[PDB]
K.L.:
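For discussion: a PDB structure holding CB3717.
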There are 2 protein chains.
Amino acid sequence: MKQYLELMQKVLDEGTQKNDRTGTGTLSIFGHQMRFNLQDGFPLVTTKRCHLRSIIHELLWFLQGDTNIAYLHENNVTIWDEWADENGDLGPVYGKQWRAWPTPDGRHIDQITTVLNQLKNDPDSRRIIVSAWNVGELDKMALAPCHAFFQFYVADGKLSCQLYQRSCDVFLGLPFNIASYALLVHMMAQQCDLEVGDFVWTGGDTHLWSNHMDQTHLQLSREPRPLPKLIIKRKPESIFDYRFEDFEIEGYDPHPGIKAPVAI
Amino acid sequence: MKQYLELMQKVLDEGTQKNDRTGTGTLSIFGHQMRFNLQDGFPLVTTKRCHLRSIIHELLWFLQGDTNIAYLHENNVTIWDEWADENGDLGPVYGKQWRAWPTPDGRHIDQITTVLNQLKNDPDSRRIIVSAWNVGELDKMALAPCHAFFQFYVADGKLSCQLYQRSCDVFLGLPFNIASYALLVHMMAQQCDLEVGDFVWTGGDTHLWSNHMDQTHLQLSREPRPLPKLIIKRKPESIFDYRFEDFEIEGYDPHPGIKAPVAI
Ligand SMILES: C#CCN(Cc1ccc2[nH]c(N)nc(=O)c2c1)c1ccc(C(=O)N[C@@H](CCC(=O)O)C(=O)O)cc1
Ligand SMILES: C#CCN(Cc1ccc2[nH]c(N)nc(=O)c2c1)c1ccc(C(=O)N[C@@H](CCC(=O)O)C(=O)O)cc1
Ligand SMILES: *[C@H]1CC(=O)NC(=O)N1[C@H]1C[C@H](O)[C@@H](COP(=O)(O)O)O1
Ligand SMILES: *[C@H]1CC(=O)NC(=O)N1[C@H]1C[C@H](O)[C@@H](COP(=O)(O)O)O1
């Protein structure tokens, strides 16, 4: 997509070389923002083939509050394998914080239900927020949250969302993150009888892994194709009741896939 | 400042009317980003005189972990009066979360100490973060955190910081928030033997209050002036040992102060 390729080129043009926790090395910038008007089309990268199946299942898994990879395996999704323990557990990562953030007094907060209720009853609230950044549980998580904090907004009958992504693997992770949040906006908008607005992506440490450079330049040589279109085929009774088969992506005509290794 | 006035004008031009929490009404946009290179000058708004006394004492108060306004009153700072209870308390707002975030099991994390130690021992970390958005304590706070989540970054010997501000009163609040975080970057950089980099400001619901419009038109009629220079006059033993007298803003030549009412 235009915005995505422009980000790649900005990292290449302006980034600094850094060492990192994995020992692989990155090229990084700090601070970026871009916007996807979801009425223009569904923002799934077209300059390489992306695996929408994994994106949808991962989101459904988050929304169930699950943090064990068994469900992903039942559906042949392997994107979290490298970080799970011997029992498949990731610790209290995204799904757990989204559905059951633990408080100091023994309560658990379902942030997804909270935001749906805010959108329905108080859409001009400036507090329609989900955070995965639970400081007190970071040490139990297999990986610290990358997509850390997000906020919803409503104007002119349209639902928007802004994500703060504190760490972004531009080549491998970002196409998944953008599509995931775009899907979530569509689902939330459906549940709240709203149209779709913008997905605003904001990055912190926004980087290209040193061993993704040939792949990145190959992708940059390609012209984006028209965005595909997302069709939802049912309105479930709640945001937690979607199924994989409720979604169809139409008109997705990507350039060939480009393989790259994930840094563990 | 150029970017600040551009944002003001953008809210006027593109903002939509909202009925908010208080019934006063705003013009609002969603999703914006600005960048201030701190080596270009200290980013204190020059198109009106800003009250540096309040900005500095508020930050020192946060760093003490204090959430009672008595310290502010001792120093003739009244910016938090409208939300404090009869004993001067605001609940577990910024200072408490910064210095003593409570874990579900009765422990605490001092996020500021953690950050200092990350900057000194692991400066390439992608996880140098402070969050005030303690979901499990929001209901105890007098006001939900506005400046909610911030991240540090080190490159080429320079310290940068990005703030996610979920709600932004462009006229009254934003000049304070920018100056506050800029000051914090200078203090942290001093304590860690770094130079200053960028302050990146990212906004969510970014608005002008309906009763700030005359003030906004006045300010937009003024041309910005060169930025002042921050001087720190002694280096304390730690980030927790600064005092008001340690700071001097040199070459601050603002247009006159502009008065406007705060929405409670
Ligand atoms: C974001 C996010 C979710 N996640 C979770 C996740 C966990 C740790 C990470 N670690 C690093 N260094 N980068 C990542 O982006 C990353 C992402 C993903 C993980 C891997 C792939 C990936 O390897 N994709 C390959 C192969 C996909 C497939 O299985 O067919 C690709 O070619 O796209 C995608 C998403
Ligand atoms: C951000 C922030 C901190 N805060 C905390 C704070 C708390 C609640 C708020 N509520 C609303 N609606 N807007 C604010 O920006 C706001 C800010 C501030 C609060 C008030 C002023 C203020 O009234 N400033 C006046 C007068 C300053 C003075 O006392 O001399 C000004 O002219 O600047 C500034 C900062
Ligand atoms: C993490 C998971 C995600 O959803 N998106 C990403 O892009 N993610 C990337 C970001 C980093 O490259 C890596 C995480 O490592 P750190 O915790 O930042 O050291 O995964
Ligand atoms: C809040 C405090 C701050 O530091 N900056 C701000 O700009 N703040 C403004 C934002 C809103 O105008 C108001 C808070 O009200 P909501 O919680 O957003 O309804 O204060």
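Residue numbers begin at 1 in each chain, while the letters A, B, ... track the order of the sequences. Ligands are counted one by one from 1 in listed order, and the atoms in each one are counted from 1 as well. Side chains included, hydrogens not; waters and symmetry mates left out as well; all remaining heavy atoms used.
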K.L.:
Counting duplicates, which ligands or chains stand for CB3717?
P.N.:
ligands 1 and 2
K.L.:
Write down the name, per the PDB entry, of the macromolecule bound to CB3717 (ligand 2) with the most contacts.
P.N.:
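The chain with most contacts is Thymidylate synthase.
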K.L.:
What are the letters of the other chains having a heavy atom under 4.0 Å from CB3717 (ligand 2)?
P.N.:
B
K.L.:
Under 3.5 Å, N or O to N or O, is B:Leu174 touching CB3717 (ligand 2) that way?
P.N.:
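Such a contact does not occur with CB3717 (ligand 2).
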K.L.:
Tell me, which protein residue and heavy-atom name are nearest atom 25 (C) of CB3717 (ligand 2), and how many Å apart are they?
P.N.:
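Here the nearest protein heavy atom works out to B:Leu172 CD2, 3.8 Å.
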K.L.:
Considering only protein heavy atoms, determine whether one is less than 4.0 Å from atom 8 (C) of CB3717 (ligand 2).
P.N.:
yes
K.L.:
Closer than 4.0 Å to some heavy atom of B:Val262 - which atoms of CB3717 (ligand 2) meet that?
P.N.:
9 (C), 10 (N), 11 (C), 12 (N), 13 (N)
K.L.:
B:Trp209 heavy atoms, cut-off 4.0 Å: which CB3717 (ligand 2) atoms fall inside?
P.N.:
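Going through CB3717 (ligand 2) atom by atom, the ones under 4.0 Å from B:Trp209 are 12 (N).
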K.L.:
Under 4.0 Å from any heavy atom of B:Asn177, which atoms of CB3717 (ligand 2) are there?
P.N.:
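Listed by number with element: 1 (C).
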K.L.:
Is B:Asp169 close to CB3717 (ligand 2), meaning an N/O of one under 3.5 Å from an N/O of the other?
P.N.:
yes
